[PDB]
Amino acid sequence: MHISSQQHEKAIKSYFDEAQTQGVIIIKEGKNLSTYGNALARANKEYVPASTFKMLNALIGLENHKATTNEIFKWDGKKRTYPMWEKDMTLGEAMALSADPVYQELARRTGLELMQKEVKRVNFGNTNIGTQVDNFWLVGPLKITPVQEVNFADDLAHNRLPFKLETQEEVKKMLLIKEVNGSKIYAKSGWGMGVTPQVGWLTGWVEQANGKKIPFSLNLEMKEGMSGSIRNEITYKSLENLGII
Ligand SMILES: *C(=O)[C@@H]([C@@H]1NC(C(=O)O)=C(S[C@@H]2CN[C@H](CNS(N)(=O)=O)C2)[C@@H]1C)[C@@H](C)O
């Protein structure tokens, strides 16, 4: 195809520039990683995974029978940070709404010891969860790089993680966020508001009509009065610019 890589690089940098943030999107094609955006050096820097960890929390919870995909986690009736969270949901609904109370309950069912062992076993990020089973993904000590995140998405997309195949398919079904003319986008968003500066994530893959999977991971700095939806907007623009969707 005819567009220069100079032009692709410049167009993708501009999407980050126009959102007035600093960020990177890593794309993996087969075994080859490509890094785009306006702060390339973020690629191998460690950030908290924030809600991207829901993906692994779900794998672990499901593998270890801490929940089923149809179980309804009841709202306890206490005020939640966001009103969309004050309702009863499955893991899948909770994943789409990035509902931390559901995933905090799941983590507590799993428990500190099984959680530390499982995160070590899958080798996620720096693999350190500390001593608090319900908050290690927001504010430390667990960290991961944008490169390690596309490599996780690539593992999940191909069923290579060390979990039952059915566990992995179950979670993957939870992650479908967009269909764009025959392509399907599976991804999990992330927003660490605790840490300073804030981190935004969108990690996932595109499944093309012909079955090919192209993993990506977007990582940027969120600032106050950014809508969470630039994460998606920058991502879809980047994938469209590259002819992936
Ligand atoms: C985890 O990162 C964090 C969740 N995650 C998100 C998120 O959007 O990734 C939120 S923001 C909350 C849920 N989505 C609503 C906004 N929609 S959008 N399209 O982003 O504008 C509000 C929340 C901080 C957990 C750990 O708190």
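Residue numbering for chain A follows the PDB entry, covering 31-275 in order. Just so you know, ligand 1 is whichever comes first in the structure, and atom 1 is the first atom listed for that ligand.
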Exercise. Find the chain in most contact with ligand 1 and give its name from the PDB entry.
Key: Beta-lactamase
Quiz item: What's the drug at ligand 1?
Solution: doripenem (bound form)
Quiz item: Can you check whether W221 has an N/O within less than 3.5 Å of an N/O in doripenem (bound form)?
Solution: yes
Quiz prompt | Nitrogen or oxygen of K84 less than 3.5 angstrom from that of doripenem (bound form) | solution = no
Quiz item: Of all the atoms in doripenem (bound form), which lie at a distance below 4.0 Å from a heavy atom belonging to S81?
Solution: 1 (C), 2 (O), 3 (C), 4 (C), 5 (N), 25 (C), 26 (C)
Quiz prompt | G220: numbered doripenem (bound form) atoms lying under 4.0 Å from its heavy atoms | solution = 2 (O), 9 (O)
Self-check item: Backbone or side-chain N or O of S219 under 3.5 Å from doripenem (bound form) N or O
Solution: yes
Quiz prompt | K218 N/O under 3.5 Å from doripenem (bound form) N/O | solution = no
Quiz item: In doripenem (bound form), which numbered atoms sit nearer than 4.0 Å to a non-hydrogen atom of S257?
Solution: 21 (O)
Quiz item: Any idea which atoms of doripenem (bound form) are less than 4.0 Å away from a heavy-atom of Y112?
Solution: 12 (C), 22 (C), 24 (C)
Self-check item: Whether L127 lies under 4.0 Å from doripenem (bound form), heavy atom
Solution: yes
Quiz prompt | Is_contact(atom 16 (C) of doripenem (bound form)), protein non-hydrogen, under 4.0 Å | solution = no
Quiz prompt | Site of covalent attachment, doripenem (bound form) | solution = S81 OG
Quiz item: Binding site of doripenem (bound form): which residues fall under 4.0 Å, heavy atoms only?
Solution: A80, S81, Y112, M114, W115, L127, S128, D130, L168, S219, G220, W221, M223, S257, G258, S259, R261
Short N or O separations between doripenem (bound form) and the protein, below 3.5 Å:
residue: doripenem (bound form); atom: 2 (O); partner: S81; partner atom: N; Å: 2.8
residue: doripenem (bound form); atom: 2 (O); partner: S81; partner atom: OG; Å: 2.3
residue: doripenem (bound form); atom: 2 (O); partner: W221; partner atom: N; Å: 2.9
residue: doripenem (bound form); atom: 2 (O); partner: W221; partner atom: O; Å: 3.4
residue: doripenem (bound form); atom: 5 (N); partner: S81; partner atom: OG; Å: 3.1
residue: doripenem (bound form); atom: 5 (N); partner: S128; partner atom: OG; Å: 3.0
residue: doripenem (bound form); atom: 8 (O); partner: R261; partner atom: NH2; Å: 3.0
residue: doripenem (bound form); atom: 9 (O); partner: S219; partner atom: OG; Å: 2.5
residue: doripenem (bound form); atom: 9 (O); partner: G220; partner atom: N; Å: 3.4
residue: doripenem (bound form); atom: 9 (O); partner: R261; partner atom: NH1; Å: 3.0
residue: doripenem (bound form); atom: 20 (O); partner: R261; partner atom: NH2; Å: 2.7
residue: doripenem (bound form); atom: 21 (O); partner: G258; partner atom: N; Å: 3.4

